[PDB]
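Next up: a structure with ertapenem (bound form).
In what follows, residues are counted from 1 in the order of the sequence shown. Because only heavy atoms are used, hydrogens play no part in the values below, and waters and symmetry mates are left out as well, while side chains stay in. Heads up, header says this was done by X-ray crystallography, 1.5 Å. One-based numbering, in listed order, for ligands and for the atoms of each.
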Amino acid sequence: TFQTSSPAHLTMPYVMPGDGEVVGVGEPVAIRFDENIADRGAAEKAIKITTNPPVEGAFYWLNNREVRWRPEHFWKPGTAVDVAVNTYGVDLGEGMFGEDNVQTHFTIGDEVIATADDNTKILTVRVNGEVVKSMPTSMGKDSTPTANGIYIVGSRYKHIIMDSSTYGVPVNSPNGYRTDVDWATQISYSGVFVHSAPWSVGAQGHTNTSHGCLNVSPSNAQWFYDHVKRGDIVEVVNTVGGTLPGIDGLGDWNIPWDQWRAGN
Ligand SMILES: *C(=O)[C@@H]([C@@H]1N=C(C(=O)O)[C@@H](S[C@@H]2CN[C@H](C(=O)Nc3cccc(C(=O)O)c3)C2)[C@@H]1C)[C@@H](C)O
């Protein structure tokens, strides 16, 4: 296929997960363009996802530039996935053409599902259905609760600073904070993490004390950092919070399948 010259600006796709990565059973395919896409159908038609074993899936647009593809249920462990974004020279609407093709391979690892149950204040990690860790946890206080729902594991940090001023509450104020945190596994774009919380170890398993993050012991947070990977699942249940938004960025599985497949 040849490129067509156009006075309108080209757009380049970017695919996640990373080429050659092993990811968990919750990882969606993500195709993010550096422009808004006027002809979403043309973009979807140009994206060929092949799986082994073969499984059906569907596209859903997270916003005007980024489309997600996933099956109805979590991936089968061991599945190999090929993503062919064949957008080179494709008219994506209003004179905007794909700048290039992109392709990636990724594979699905073990099924890793960690369930945080507010009724028990325990985060239980299951690997292919078997409990391997039972972690006392302290979730968000009643006034700043942890949302229920299915969270996809994202990035991880050996050390990071959590600072209330980044959302508009000064550190110096009564409810502000600036906190050095170890072993932080991100599970929502809204900023929810599983992380080390030495200051709440006595509350873990008993009382919710956090701003919404899942506090666990230093040892358990490091285990989680070492053994839980991008695309693994954290499910929160029975809190007094609401539900994680489906368009959070890592909240894809909270959209019911009929709404996901209906697309947008
Ligand atoms: C884990 O705890 C994690 C963060 N911490 C959070 C927190 O401190 O609340 C949440 S993010 C949460 C989402 N909305 C609020 C917010 O924006 N509050 C607020 C209050 C006063 C003024 C304003 C404003 O002017 O915009 C906003 C914050 C999440 C679980 C890590 C990062 O600590």
Query - Chief chain touching ertapenem (bound form, ligand 1), naming from UniProt - result: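 The chain with most contacts is L,D-transpeptidase 2.
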Report task. Please list the residues near ertapenem (bound form, ligand 1), using 4.0 Å as the heavy-atom limit. Result ->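 By heavy-atom distance, those residues are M162, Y167, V169, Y177, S190, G191, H211, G212, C213.
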Requested in this report: Measure the distance from atom 29 (C) of ertapenem (bound form, ligand 1) to every protein heavy atom, then report the residue, atom name and distance (to 0.1 Å) of the closest one.
Outcome: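 Going by distance alone, atom 29 (C) of ertapenem (bound form, ligand 1) is nearest to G191 O, 3.8 Å.
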Query raised in the report: Considering distance alone, does some N or O of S190 sit under 3.5 Å from an N or O of ertapenem (bound form, ligand 1)?
Result: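 No - when backbone and side-chain N and O of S190 are compared with those of ertapenem (bound form, ligand 1), no distance drops under 3.5 Å.
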**Report entry** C213 N/O to ertapenem (bound form, ligand 1) N/O under 3.5 Å
**Finding:**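 Yes, since at least one N or O of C213 sits under 3.5 Å from an N or O of ertapenem (bound form, ligand 1).
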Query raised in the report: Considering only the protein, which heavy-atom contact is closest to atom 10 (C) of ertapenem (bound form, ligand 1), and what is its distance?
Result: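 Ranking protein heavy atoms by distance from atom 10 (C) of ertapenem (bound form, ligand 1), first comes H211 O, 3.9 Å.
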Query raised in the report: What are the identity and heavy-atom distance (to 1 Å) of the UniProt active-site residue in chain A nearest to ertapenem (bound form, ligand 1)?
Result: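 Rounded to 1 Å on heavy atoms, the nearest UniProt active-site residue is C213, 2 Å.
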Report task. Name the UniProt domain of chain A that holds most residues in contact with ertapenem (bound form, ligand 1). Result ->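 Chiefly UniProt domain L,D-TPase catalytic.
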Query raised in the report: What do you think, any protein heavy atom under 4.0 angstrom from atom 13 (C) of ertapenem (bound form, ligand 1)?
Result: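 Within 4.0 Å: no protein heavy atom nearby.
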Query - Per-atom contacts of ertapenem (bound form, ligand 1) with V169, taking only distances under 4.0 Å to non-hydrogen atoms - result: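 Every atom of ertapenem (bound form, ligand 1) under 4.0 Å from some heavy atom of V169: 20 (C), 21 (C).
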Query raised in the report: Which protein heavy atom lies closest to atom 5 (N) of ertapenem (bound form, ligand 1), and at what distance to 0.1 Å?
Result: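 Looking at atom 5 (N) of ertapenem (bound form, ligand 1), the protein heavy atom closest to it is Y177 OH, 3.1 Å.
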Requested in this report: Provide the covalent bond partner for ertapenem (bound form, ligand 1): one residue and one atom, or none.
Outcome: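 Covalent attachment: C213 SG.
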Query raised in the report: Do any UniProt substrate-binding residues in chain A place a non-hydrogen atom less than 4.0 Å from ertapenem (bound form, ligand 1), and if so, which?
Result: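 I count these UniProt residues with a non-hydrogen atom in range: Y177, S190, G191.
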Report task. Would you mind checking which non-hydrogen protein atom is closest to atom 25 (O) of ertapenem (bound form, ligand 1), with the distance to 0.1 Å? Result ->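 The closest heavy atom on the protein side is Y167 O, 4.2 Å.
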Protein N/O near ertapenem (bound form, ligand 1) N/O, under 3.5 Å, which pairs?
| unit_1 | atom_1 | unit_2 | atom_2 | d |
| --- | --- | --- | --- | --- |
| ertapenem (bound form, ligand 1) | 2 (O) | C213 | N | 3.1 |
| ertapenem (bound form, ligand 1) | 5 (N) | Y177 | OH | 3.1 |
| ertapenem (bound form, ligand 1) | 8 (O) | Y167 | OH | 2.6 |
| ertapenem (bound form, ligand 1) | 8 (O) | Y177 | OH | 2.6 |
| ertapenem (bound form, ligand 1) | 26 (O) | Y167 | O | 3.3 |
| ertapenem (bound form, ligand 1) | 33 (O) | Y177 | OH | 3.1 |

